[PDB]
Trainee: 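Got a structure here, written out as C-alpha cells. Questions coming.
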Amino acid sequence: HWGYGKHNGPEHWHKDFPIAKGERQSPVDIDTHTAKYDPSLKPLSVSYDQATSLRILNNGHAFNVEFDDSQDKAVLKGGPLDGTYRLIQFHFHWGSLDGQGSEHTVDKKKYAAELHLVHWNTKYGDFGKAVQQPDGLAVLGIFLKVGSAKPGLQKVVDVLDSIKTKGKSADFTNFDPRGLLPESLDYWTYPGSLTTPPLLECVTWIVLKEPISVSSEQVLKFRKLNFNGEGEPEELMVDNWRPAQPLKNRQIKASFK
Ligand SMILES: CCN[C@H]1C[C@H](C)S(=O)(=O)c2sc(S(N)(=O)=O)cc21
Ligand SMILES: [Zn+2]
C-alpha cells in the first residue's frame with residue numbers, strides 16, 4: 001500500500017497512479033517574485049459560522065476532522081471560485097523536525113506543517129462526482145510555524161490520544177474551524193491536484209500568505225500518532241508530506257501586491 005516510507009513513498013506512487021507524473025500536480029514551490037498579482041481576483045468568502053463537525057479519524061496517512069456536508073452549512077465562495085464549495089474535512093501534514101512538514105513551499109522555505117480545509121463544488125451533487133471534475137474541489141492551505149500556541153487548535157491536540165492508531169475514530173462535535181484561520185485572507189492560487197493518491201487533478205488551490213503559529217508542544221503531539229494499526233509494529237506518523245512537483249504550464253496568481 002502507498003505511504004510515506006522508503007519503499008512506498010512519493011517516489012513510488014507513479015507505479016500505481018501514473019497521474020503522479022501529470023501536468024497539474026501538487027504541491028508546488030511558490031516563487032513570490034514570479035507569481036502575478038491579479039486585480040480581478042475577489043476576496044475569499046469563508047462562512048463557517050454554521051459548521052457542524054462530527055468526528056475525528058486516524059486513517060493511516062493523517063488525521064481528519066469530518067463535517068456534515070448534507071447542506072450548505074460551512075462554505076467557501078469568492079476568490080477564484082465560481083459557485084459554492086462545501087467543507088467536508090480538514091487534516092494536516094507535518095514533519096519530524098520543525099524545519100520541514102509543509103507540502104507547498106514559499107521561495108523554497110518549508111513550514112512545520114500545513115493545514116488543508118477540503119471543500120467540494122455543490123453543482124456536482126456529491127463529493128464522489130466532484131473529484132472527477134477539473135473544478136470539483138477547492139482546498140484552502142494554511143501554513144503552521146512554531147512559536148506561540150494557537151488556542152483554537154488545543155481541542156484537536158487533546159483528543160489525539162484517543163485516535164493514536166490507524167482505524168480509530170472519536171466523536172468530535174461542536175468544533176469551530178474559524179479558530180484555525182490567520183488574521184488576513186490574502187492568498188495565492190493555482191490549478192492542481194490532490195497531494196496523496198489518487199492524485200486526481202480536480203483541485204483549485206488557495207494558499208494563504210499568512211502562517212498561523214502553534215507551540216512546540218502542540219506540534220509534538222502530532223508526532224506521537226502512528227501510521228500503523230493497533231497490534232502492529234509502531235511507526236510514528238511523521239513526514240507525511242509530498243515534495244514539490246514541477247509547475248509545468250501553470251501560473252500562480254496572487255490576490256495581493
Ligand atoms: C488519504 C487520501 N486522501 C485523499 C482522498 C480523499 C478522499 S480527499 O478528501 O479527496 C483528499 S484531499 C487531499 S489534499 N492533501 O490534496 O488536501 C488528499 C485527499
Ligand atoms: Zn492534505
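Residue numbers run from 1 in the order of the sequence given. All heavy atoms count here, side chains included; hydrogens, waters and symmetry mates do not. Each ligand, and each atom within it, is numbered from 1 in the order the structure gives.
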Trainee: Per the PDB entry, what is the name of the chain that shares the largest number of close contacts with ligand 1?
Mentor: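 The largest contact count goes to Carbonic anhydrase 2.
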Trainee: Look up the drug at ligand 1 and give its PDB name.
Mentor: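 The PDB calls it dorzolamide.
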Trainee: Is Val139 touching dorzolamide (ligand 1) with its side chain, its backbone, both, or neither, if touching means heavy atoms under 4.0 Å apart?
Mentor: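 Looking at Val139 and dorzolamide (ligand 1), just side chain atoms fall under 4.0 Å.
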Trainee: List the UniProt domain of chain A that dominates the contacts with dorzolamide (ligand 1).
Mentor: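 Mostly the UniProt domain Alpha-carbonic anhydrase.
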Trainee: Mind checking whether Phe92 contacts dorzolamide (ligand 1) via backbone (N, CA, C, O), side chain (CB onward), both or neither, at a 4.0 Å heavy-atom cut-off?
Mentor: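 It is neither part, as no heavy atom is under 4.0 Å.
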Trainee: Which atom of which residue carries a covalent bond to dorzolamide (ligand 1), or is there none?
Mentor: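 Covalent bond: none.
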Trainee: Output the list of atoms in dorzolamide (ligand 1) that are nearer than 4.0 Å to some heavy atom of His93, sorted by atom number.
Mentor: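 Once the distances to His93 are compared, the set is 15 (N).
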Trainee: Looking only at protein heavy atoms, identify the closest one to atom 3 (N) of dorzolamide (ligand 1) and say how far it is in Å.
Mentor: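 Protein heavy atom with the smallest distance to atom 3 (N) of dorzolamide (ligand 1): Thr196 OG1, 3.1 Å.
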Trainee: Which UniProt Zn(2+)-binding residues of chain A, if any, have a heavy atom under 4.0 Å from dorzolamide (ligand 1)?
Mentor: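 The UniProt Zn(2+)-binding residues passing the heavy-atom test: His91, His93, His116.
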Trainee: Which residue in chain A carrying a UniProt active-site annotation is nearest to dorzolamide (ligand 1), and how far away is it by heavy atoms, to 1 Å?
Mentor: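 The UniProt active-site residue nearest dorzolamide (ligand 1) by heavy atoms is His61, 4 Å.
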Trainee: Under 4.0 Å from dorzolamide (ligand 1), which other ligands or ions appear?
Mentor: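 By number and name, ligand 2 (zinc ion).
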Trainee: Can a protein heavy atom be found under 4.0 Å away from atom 6 (C) of dorzolamide (ligand 1)?
Mentor: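 Under the 4.0 Å cut-off, atom 6 (C) of dorzolamide (ligand 1) has no protein heavy-atom neighbours at all.
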Trainee: Specify the organism recorded in the entry for chain A.
Mentor: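 Going by the PDB entry, Homo sapiens.
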Trainee: Below 4.0 Å from dorzolamide (ligand 1): does a non-hydrogen atom of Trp241 turn up there or not?
Mentor: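 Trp241: no contact with dorzolamide (ligand 1) (<4.0 Å).
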Trainee: Could you list which atoms of dorzolamide (ligand 1) come closer than 4.0 Å to a heavy atom of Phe127?
Mentor: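 It comes down to these atoms of dorzolamide (ligand 1): 8 (S), 9 (O), 10 (O).
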Trainee: Which UniProt-listed substrate-binding residues of chain A does dorzolamide (ligand 1) come close to, with any heavy atom under 4.0 Å?
Mentor: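 UniProt annotation plus heavy-atom distance gives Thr195, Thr196.
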Trainee: Just distances here: any N/O of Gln89 and N/O of dorzolamide (ligand 1) closer than 3.5 Å?
Mentor: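 The answer is yes, given that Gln89 and dorzolamide (ligand 1) share an N or O pair closer than 3.5 Å.
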Trainee: Taking heavy atoms under 4.0 Å, what residues and nucleotides bind dorzolamide (ligand 1)?
Mentor: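 Heavy-atom contacts: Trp2, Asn59, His61, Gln89, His91, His93, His116, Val118, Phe127, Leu137, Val139, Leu194, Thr195, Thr196, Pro197, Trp205.
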